[PDB]
Structure formats: C-alpha cells, structure tokens
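Chain labels are A, B, C, ... in exactly the order the sequence lines appear. To match the PDB entry, the residue numbers of chain A are left as they are there, and the shown ones run 1-212. Here chain B follows the PDB entry for its numbers: 1-136, 143-222, in order, are the residues you see. The numbers used for chain C are those of the PDB entry, and the residues that appear cover 391-626, in sequence. In what follows, every heavy atom counts, from backbone to side chain, and hydrogens, waters and symmetry copies are set aside.
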Amino acid sequence: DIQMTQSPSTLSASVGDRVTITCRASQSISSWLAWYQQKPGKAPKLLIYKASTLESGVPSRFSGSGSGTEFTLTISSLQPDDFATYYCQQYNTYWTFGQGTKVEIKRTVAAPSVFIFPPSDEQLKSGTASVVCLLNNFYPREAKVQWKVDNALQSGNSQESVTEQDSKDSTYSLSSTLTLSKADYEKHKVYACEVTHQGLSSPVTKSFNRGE
Amino acid sequence: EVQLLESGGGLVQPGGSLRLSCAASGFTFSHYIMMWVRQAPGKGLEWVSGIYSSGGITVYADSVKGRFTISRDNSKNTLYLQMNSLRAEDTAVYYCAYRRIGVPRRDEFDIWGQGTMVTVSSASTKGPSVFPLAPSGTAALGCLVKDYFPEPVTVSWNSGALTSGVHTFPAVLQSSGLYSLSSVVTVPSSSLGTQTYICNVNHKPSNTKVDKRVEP
Amino acid sequence: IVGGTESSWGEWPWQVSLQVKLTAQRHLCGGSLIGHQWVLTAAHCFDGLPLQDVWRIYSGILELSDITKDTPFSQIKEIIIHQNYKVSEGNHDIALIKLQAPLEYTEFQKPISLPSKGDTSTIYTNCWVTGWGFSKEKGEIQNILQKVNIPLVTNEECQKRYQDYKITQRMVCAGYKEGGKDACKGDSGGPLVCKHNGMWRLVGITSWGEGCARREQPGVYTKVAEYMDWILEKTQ
C-alpha cells in the first residue's frame, strides 16, 4: 500500500516568511499529489493538485513541486490567513493523506505562569481525587510537566490538554490533571507539579500538602 | 458553485448503524468522483470510501471494508454512506467531497461539505459534576467540569461579565467513556475577598445548567 | 471575461446566451449564431443538462438583467454533438444547435462568418473573446456583454502549459504571457473571433482552461476551421 509522510509535524513562522513543507510517498505516484489547508473545525480547502497546479481561486503565493516520491508545498510570503494545518494527498490509487503539518505563529519565548489546584472536598466524597496543574500563557508549545507525590515521579495517571494560540499574544495554555482514588490521595502528603520550559532559567515547582 | 450539505450524523451505540447523506446543489458542467473522508477528534484526515460514477466502481479503505456502503441517488442529487456495525473508533466528523473528472473548465477540482458529526458510544447521556479550582499580583481559579456525555458543554464566567484571561480547555475522553475539562481564568489577587466568581456551565444534551461559585 | 470592457449594440451581433430554466433560470454558456436557424457552441455545455427542453437561447442582447418572461428567446429543435466528443474531455468540443424557428437578421442580431477554405494556414493577429462569464476566478456572471482582445499562441507553446493533457491540431489557444486578460467560467461556448481582410471570422469556440487570466496559462478553444466539413455536412 501507499504511505505518505509529511514533515515537519509543526513549524513556526511569521507573516512574510517563506514556508516549505515536504511530503514523501513510499512508492512513485507520478504527479497525483494534492495539497490542502485546514482550520480547526472546518472542512479542508484544496490548494494545489497534480503536484504543481493551483486550484480555482487560490492565491499564487501557494506553489507545489515534485514528482515520484518527493513533493514540496511552498508559501512564498505567509499571510495571517495562512496559519493552519496542511495535508498532502496522493490520488494515484484511491486517496491517502499525510499526517499533516501545523503552521503556527512564531513569537519570542514566554514563560508559563504555573498554578496547582488540589481536589475540592466536594469531590473527595465521590471517591475520586483530581489534581490540576495549570501552565498559563507560554511559548513555545514544548513543555515538560511532571507529577511528584512525596518526591516520587508519577506515570500513567495524568492527561494534558492545550489551547490554540491565543489570538492576542500567540501563547499557549496547558492543563495537566492527576487522577487518583480517594484512598490513594489520602495515603500521601506532598503533591508537586514541576514545569520545565525554555522561558524558565530553571524548573519551577508548585505544590501543596494534603490538608494545609 | 456547487455546494455540498451533509446530514444524518449523531449518537449511536456500538454495533449500531447510521446513514449519512450528502446533498449537492447548483449548476455544473462537470461530472465528479465522489468521496467520504473522516476526521477523528484531534487526528488527521482519513479517506474512507469512493464512487467513480453513478453505477460505477465503489471502493473502501480497509478500516471499513465490509461495514460501509457508498451509493448515489441522482434523483435526489445525494450521495450516501450506509455505516453498519459501528465501533467507538468510527467517531469522527465525516466529510463528503466531489472531485472533477476530465479537463479544467475554468472551474474547481474539489468541492467539500461542511461535515457532520458521528459519535459511537455505549455511554449514557449524563450531566457534568462541577468542582471548583480554588485560588491560592495575579491569581488563577477555575472549575473542573467532570464526567459528562456527550459533547459539548459551554462555560461562562459571571454570566459573560468576565471574559478576559479565560481559557476553557478541550474536553478529554476518559477511559470511562465520559468527558472532562477545566475552565480557568486569571484575576488580580487583590480582588479575591470582594469579587464573586461564578462559572456558568451548560450541558444542553441533559438540559442541566449548573453554577458553582469559586471561593478561596 | 477577465480584464475586459463593455460591449455596444451591434458590436458582436452573433453572440448568444444559452440559458437553462429549471426552478431558476440561469445563463450557463455563450454561443455564436452562424445562420438563421443555427447556433455553434461547445458540446460540454450540455454535459450536466443534456435535455434540450430546458434550454433557452437569447440573441440580440447586451444585458442579462434586461430579461423578463416576455423577452423573446429561441428554443432548441436539435442538438448535434460531434460523434467523437467525450463527456468531460477536451476533444471535439463542438455542438450545433438548430433553433425551433428561423431568426431574421437585424443590426443587433446577425451571423458570424465561418473560416474560409483559403485561410487554413493564416496567422490571425486581431482576435477577440466575448461573453457574460466571471470577471475573476470563483467570480460572478457579469451583466453587460464583456469583450477582450487576446493574442493566439502556438500549439507547441500551449502544450508546455498543459503537461497532463494533449493539445491537438483541432484546438487553438490564446493568452498573454503575464496573464490578466482571458475568458472565464460562463464564457464557455462563445466565440473567439478574429478580423482578417476587414471581415470578422469565427476562429475558436471557448472550450477549456486552467483558472482564468493566469500568467503563462492560455485558454483553450475549439479550432473551428478543422470542423468545417463536419459543420457543412451537419447543416446541409
């Protein structure tokens, strides 16, 4: 079968930059390659087909090249409307999409403000304890959040959720929720959130003792 | 131009069935290959099924062969996806798309629908539990909107009076089949003893409108 | 027409509007009156709406917003698509329309002359494309008949810009290197005419092309001189 591999997965750019995204097919597809733009919650829009042909009404800042296994989408001068996820698609045989490339707004580094929230008493009655760590308004996206319970690293018991780039300042915010049985929560004292991020000169830890 | 409108998506039990329709309108000189493509929450576009002509070749991705059937009824300018034996992982926004056959005639190669949402789950409709994220220059607080089904909930702060510095995160699907999210906001710490902060959570599917005040 | 200007009465008196009347009435294509009873157009105009009953042909008309229930129109008695034309494709994109009733000529409504037998190898230098089609890509039907002057290019040149289709000797192409002036959607089926020895001739029928008015991307037209035996047989 035919596997498509796009790269990079995410890239950061500014209004006016030239952007380049690559797509690789596992076998030759000649020129049967199309490129697409997608905004969150909206249908994709075709930009390019037969590897280098602009679709009806698409601005000429979009261009495509390649044949065989190797294809590039180029955006000559990025506009605000262009921040989006981009997909390639072979249509040699049926259709297969690449895994997509996210094109995000570049800005200067911004450190997260970190907060820790213990489970409410109202929740501990129901038999489950949620501990929420908040990382607010940071950039870039990459952040390490590690949970420690009496200085012991936690695994498999937390999930991260993240917002889209804020429309005003281009930052991200992220939640990390530690999920535990009431029984287990009460077995320990110190609940720690350790955040590593490029905006910080060293890791920041926010914590609280069960009770206090 | 030609416009495509999907309908027929919704909530269904695993093992159940659902028929999607895609209704086309307008004038065209073109004939079209017709495709179904879907997108699971937070994932990439996945091609699913195709039909090359009115009574022509129909083809399927392996992930749905045997379960899905694509068809057309030209008298209704409609394309159909009959989905049988549905599974949790078939949960996605389903898009229809048309693709122009033959030479370009000053016109478009692709036309896409708006998408219609399909949720396959054995979970039961349930309102959220709402727990406060209690605050410790600027302070943060929030609400944990927990154990609810299906999407979505809306969250508001002080009946829409407070909107600056609000981040409501995307829901997560817990291993239990129910969703969880938090909504947070940053305020000045000087305002914590005087200003009342209430998060207004609405879950239409269960007609539940819950309000929690958040206190230090 | 992209990059064109307004036409005047009697300026292109062969130009017709081919319109469909379903729940709504819309202009779909241009055509060219080549005799009292005969219109020449593109076969592809009927690819989606093949039934002759649903069409209405307007002649001696400059403005589409003039049309009312009482505006007289011609109806189709016969559609003659070239035997080798294939739905959705570029070759042999030509169709004769016999009207239900012969039209009399007026200063606003008269036929275009077909290419003459002696001009097989003529290099036409003064060529025009007309119609009510979009004024840009994904645009809108225009109200007043638009015209634009466009130079022909060679088939070798045209072929370099259409790598995935064969440009045959039965096609001719037109456009500017840097684009800007061109037919577009809704113009298709209408004339490409050139003035030669003081006489206008129908050189092309607006057929297909990639986008509208793009640089290095000439539109493609059915080359009428190569269908003259077919036109004379079918109309005689």
Chemist: Hmm, looking at chains A and B, which of AZD3152, HLX10, REGN10933, CR6261, DX-2930 would that be?
Modeler: DX-2930
Chemist: What is the name, according to UniProt, of the chain making the most contacts with DX-2930?
Modeler: Plasma kallikrein light chain
Chemist: Could you look at C:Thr596 and say if it's the side chain, the backbone, both or neither that has a heavy atom under 4.5 Å from chain B (DX-2930)?
Modeler: neither
Chemist: Name the option with the most non-hydrogen atom pairs under 4.5 Å to chain B (DX-2930); the candidates are C:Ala573, C:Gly438, C:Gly480.
Modeler: C:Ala573
Chemist: What source species is given for chain C in the PDB entry?
Modeler: Homo sapiens
Chemist: Hey, quick one: which UniProt domain of chain C is doing most of the touching with DX-2930?
Modeler: Peptidase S1
Chemist: Just wondering, which chain of DX-2930 is the one with the most heavy-atom pairs under 4.5 Å to chain C?
Modeler: chain B
Chemist: For chain B (DX-2930), which of C:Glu600, C:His434, C:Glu479 has the most heavy-atom pairs under 4.5 Å?
Modeler: C:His434
Chemist: Given heavy-atom pairs under 4.5 angstrom as the criterion, report whether the side chain, backbone, both or neither of C:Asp572 touches chain B (DX-2930).
Modeler: side chain
Chemist: Give the residues of chain C with a heavy atom within 4.5 Å of a heavy atom of DX-2930.
Modeler: C:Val410, C:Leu412, C:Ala414, C:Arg416, C:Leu418, C:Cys419, C:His434, C:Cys435, C:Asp437, C:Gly438, C:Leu439, C:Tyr475, C:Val477, C:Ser478, C:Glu479, C:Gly480, C:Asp483, C:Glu527, C:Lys528, C:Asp554, C:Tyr555, C:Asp572, C:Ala573, C:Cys574, C:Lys575, C:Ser578, C:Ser597, C:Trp598, C:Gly599, C:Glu600, C:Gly601, C:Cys602, C:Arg604, C:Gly609, C:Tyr611
Chemist: So, which residues of DX-2930 reach chain C? I'd go with heavy-atom distances under 4.5 Å.
Modeler: A:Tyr49, A:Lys50, A:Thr53, A:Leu54, A:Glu55, A:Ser56, A:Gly57, A:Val58, B:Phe27, B:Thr28, B:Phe29, B:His31, B:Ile101, B:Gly102, B:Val103, B:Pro104, B:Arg105, B:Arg106, B:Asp107, B:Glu108
